[PDB]
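A look at one PDB structure holding PF-00835231 (bound form).
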Amino acid sequence: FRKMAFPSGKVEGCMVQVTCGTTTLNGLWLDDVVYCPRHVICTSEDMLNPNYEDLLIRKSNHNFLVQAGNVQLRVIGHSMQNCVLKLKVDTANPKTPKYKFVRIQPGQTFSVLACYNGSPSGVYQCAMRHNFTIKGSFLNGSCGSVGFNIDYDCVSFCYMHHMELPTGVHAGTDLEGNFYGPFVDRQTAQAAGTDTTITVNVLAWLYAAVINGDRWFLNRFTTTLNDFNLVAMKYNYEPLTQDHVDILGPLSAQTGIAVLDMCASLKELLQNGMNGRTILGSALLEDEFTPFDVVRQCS
Amino acid sequence: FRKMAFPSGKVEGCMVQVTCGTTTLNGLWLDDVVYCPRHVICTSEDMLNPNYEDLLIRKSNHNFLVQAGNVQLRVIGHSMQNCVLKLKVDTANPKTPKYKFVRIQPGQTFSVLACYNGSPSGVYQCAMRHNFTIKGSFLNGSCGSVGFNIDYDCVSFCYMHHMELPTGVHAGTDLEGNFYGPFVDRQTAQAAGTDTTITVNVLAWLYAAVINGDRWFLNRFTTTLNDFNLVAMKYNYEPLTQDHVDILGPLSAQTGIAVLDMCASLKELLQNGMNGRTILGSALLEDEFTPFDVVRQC
Ligand SMILES: *[C@@](O)(CO)[C@H](C[C@@H]1CCNC1=O)NC(=O)[C@H](CC(C)C)NC(=O)c1cc2c(OC)cccc2[nH]1
Ligand SMILES: *[C@@](O)(CO)[C@H](C[C@@H]1CCNC1=O)NC(=O)[C@H](CC(C)C)NC(=O)c1cc2c(OC)cccc2[nH]1
């Protein structure tokens, strides 16, 4: 079981670079709009304490350099939506895929296409942590890189990169410019909330073990969802939502193990430990495979 | 610090589906040639012990159905090079990238674009292990998926997928059709040689952990190269060469930890264990990052 990204080609064809003054980052070119982080309009000094509505009044269309490779796309309009800038360009991208903009929940995974100067560099899978950070791999010039899932050739864009925290994890927005978590696009040291283990994904991992014949941890007990949530919080595990219970439905049906029965097995694991045993070869419980990832790989 | 694959778009544009009778797998369409595993010509019966030259002479161009998304490509010629079939088509692939075929050495990494029915499905990083297997994620229908590296828009293809061993590791060929390792394209259970750990990669990864602010495994000791290799061979690690020491130079300079100091640290980890602790999130010593992988990403 390994972390697999989606093929990145459909997103590669949408990556551009956006420069204002000397400040350069990446943008996403879909139809005749380029989406990028709004702090491109800031000078290094401005980012310390920017007033974005005031910085944007000073900008005109002709202040924006949008390039696909070294080919300039002329900007014919601009607007600000939350923390993203939308630049209307005179050319509709012929490589635009079928797409949607979606806001994901904590625990969900997505592929990140890390980009520099408009040029894709690498691709890897990330999980949104419950403190709304991702454990990415980003260097200077990576802002505007995007995260996505692909469902039957439709690209659901869910992340645009803005920030590296002092702890080394990363934070960003959806494609409507709304940050995940309590972060702000200022050049300031911000701290994330305490992380928690992603319970719904640990349960997915346990189903994956069962599918593969590794089922020693299945016990004879069950639990209510409220009782489980109150115990889980004492082990720094996230409480389950109704949506979590329902996305475990397919794996529960496939194995015949009720969701709440698996919760009872996890509860026993948390209270008593692995006792030196392993699950899928590992002494650690994995929390960055979603139920979707598990079926995506298992079947 | 993450296992990071190359962007796969240049390879996606080359994946096609190849069908012979009841048998289907993936092919790689470059210019006017489709490369695919030769066992596509085998029925279930043939695959137990196939005489590939005999089976191929009995095939016609029309026996090969090649589909690129929706379009069907007319096969106008075919030849076999070792375990790889080369289907000449009457259409050149307009999306062919600048490319090369290379054969990689153990320890080197590459990106895998896992495909099913000629449609790309996922991308992830693999390393060619010392026993010439790879730890991949491949299901039924994945044969003909390829591995590659990308250097300034040139795709260097190094792997075509053929088989999953009983242990769950994977085996395949270069794009000349020569297997990595002692494996053969017959429907049999095959074991690999002993899996020595790629030492220079474990050391590169320990440097990655320091560059990302983790030092708990460092120590005040040093070791000679030979004394380290004695311990390495005892734990079935590959002996470290002076070329390996040289390749680790940049990470040592960037970090200020001499290579032999990091070897003393790895020696301690091999002798004491990790004592329940973790490095870069891993409970195990990671051996699938090369020194270049660490430099490029950091
Ligand atoms: C984008 O590339 C910027 O356009 C960049 C990406 C990060 C650089 C290193 N890795 C990354 O992911 N973003 C930034 O530099 C942002 C810019 C803001 C939103 C205006 N700033 C930070 O990520 C940032 C600032 C500070 C800081 O200050 C002082 C102190 C500590 C951490 C920190 N991160
Ligand atoms: C291909 O896709 C075939 O076109 C398939 C890929 C594997 C299936 C499951 N995961 C994979 O990576 N490859 C095979 O099925 C090959 C075909 C050979 C080369 C003709 N066979 C095996 O991988 C294989 C056969 C046997 C076996 O026999 C008996 C016993 C144990 C393991 C095993 N693997």
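A, B, C, ... go to the sequence lines in the order they are written. All residue numbers given for chain A refer to the PDB entry; the residues shown span 3-301 in order. Following the PDB entry, chain B shows residues 3-300, kept in their order. Atoms considered below: every heavy atom in the structure, side chains included; atoms not considered: hydrogens, waters and symmetry mates. Start at 1 and go down the list; that is how both ligands and their atoms are numbered.
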Review point. Looking at contacts alone, what is the main macromolecule next to PF-00835231 (bound form, ligand 2), by its name in UniProt?
Key: 3C-like proteinase nsp5
Check your understanding: For PF-00835231 (bound form, ligand 2), which other chains have at least one heavy atom closer than 4.0 Å?
Key -> B
Check your understanding: Under 3.5 Å, N or O to N or O, is B:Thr26 touching PF-00835231 (bound form, ligand 2) that way?
Key -> no
Check your understanding: Do any N/O atoms on B:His164 end up under 3.5 angstrom from N/O atoms on PF-00835231 (bound form, ligand 2)?
Key -> yes
Point to revise | PF-00835231 (bound form, ligand 2) contact by B:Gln192, heavy-atom criterion under 4.0 angstrom | key: no
Exercise for review: Would you check the N or O atoms of B:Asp187, main chain and side chain alike, for any that come under 3.5 Å of an N or O of PF-00835231 (bound form, ligand 2)?
Suggested key: no
Check your understanding: Among the UniProt domains of chain B, which one holds most residues within contact distance of PF-00835231 (bound form, ligand 2)?
Key -> Peptidase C30
Point to revise | B:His41 contact mode with PF-00835231 (bound form, ligand 2) (heavy-atom cut-off under 4.0 Å) | key: side chain
Review point. Between B:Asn142 and PF-00835231 (bound form, ligand 2), is there a nitrogen or oxygen pair with a distance under 3.5 Å?
Key: no
**Study point:** From the candidates B:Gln189, B:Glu166, B:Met165, the one that places a heavy atom nearest atom 15 (O) of PF-00835231 (bound form, ligand 2)
**Key:** B:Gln189
Point to revise | Covalent site of PF-00835231 (bound form, ligand 2) | key: B:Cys145 SG
Check your understanding: Does an N or O anywhere in B:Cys145 fall below 3.5 Å from an N or O of PF-00835231 (bound form, ligand 2)?
Key -> yes
Check your understanding: Of the UniProt active-site residues in chain B, which one sits nearest PF-00835231 (bound form, ligand 2), and what is the shortest non-hydrogen distance (1 Å precision)?
Key -> B:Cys145, 2 Å
Point to revise | For B:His163, atoms of PF-00835231 (bound form, ligand 2) separated by under 4.0 Å from a heavy atom | key: 6 (C), 11 (C), 12 (O)
**Study point:** Side chain, backbone, both or neither: the part of B:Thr190 lying under 4.0 Å from PF-00835231 (bound form, ligand 2) by heavy atom
**Key:** backbone
Check your understanding: Hey, looking at atom 32 (C) of PF-00835231 (bound form, ligand 2), which of B:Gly174, B:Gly143, B:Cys38, B:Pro168 has the closest heavy atom?
Key -> B:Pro168
**Study point:** Ligand-residue contact atoms, PF-00835231 (bound form, ligand 2) with B:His172, heavy atoms, under 4.0 Å
**Key:** 12 (O)
Review point. What atoms of PF-00835231 (bound form, ligand 2) come closer than 4.0 angstrom to any heavy atom of B:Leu27?
Key: 4 (O)
Check your understanding: Which organism is on record in the entry as the source of chain B?
Key -> Severe acute respiratory syndrome coronavirus 2
Review point. Which other-chain residues have at least one non-hydrogen atom less than 4.0 Å from PF-00835231 (bound form, ligand 2)?
Key: B:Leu27, B:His41, B:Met49, B:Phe140, B:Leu141, B:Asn142, B:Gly143, B:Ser144, B:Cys145, B:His163, B:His164, B:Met165, B:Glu166, B:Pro168, B:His172, B:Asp187, B:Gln189, B:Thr190, B:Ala191
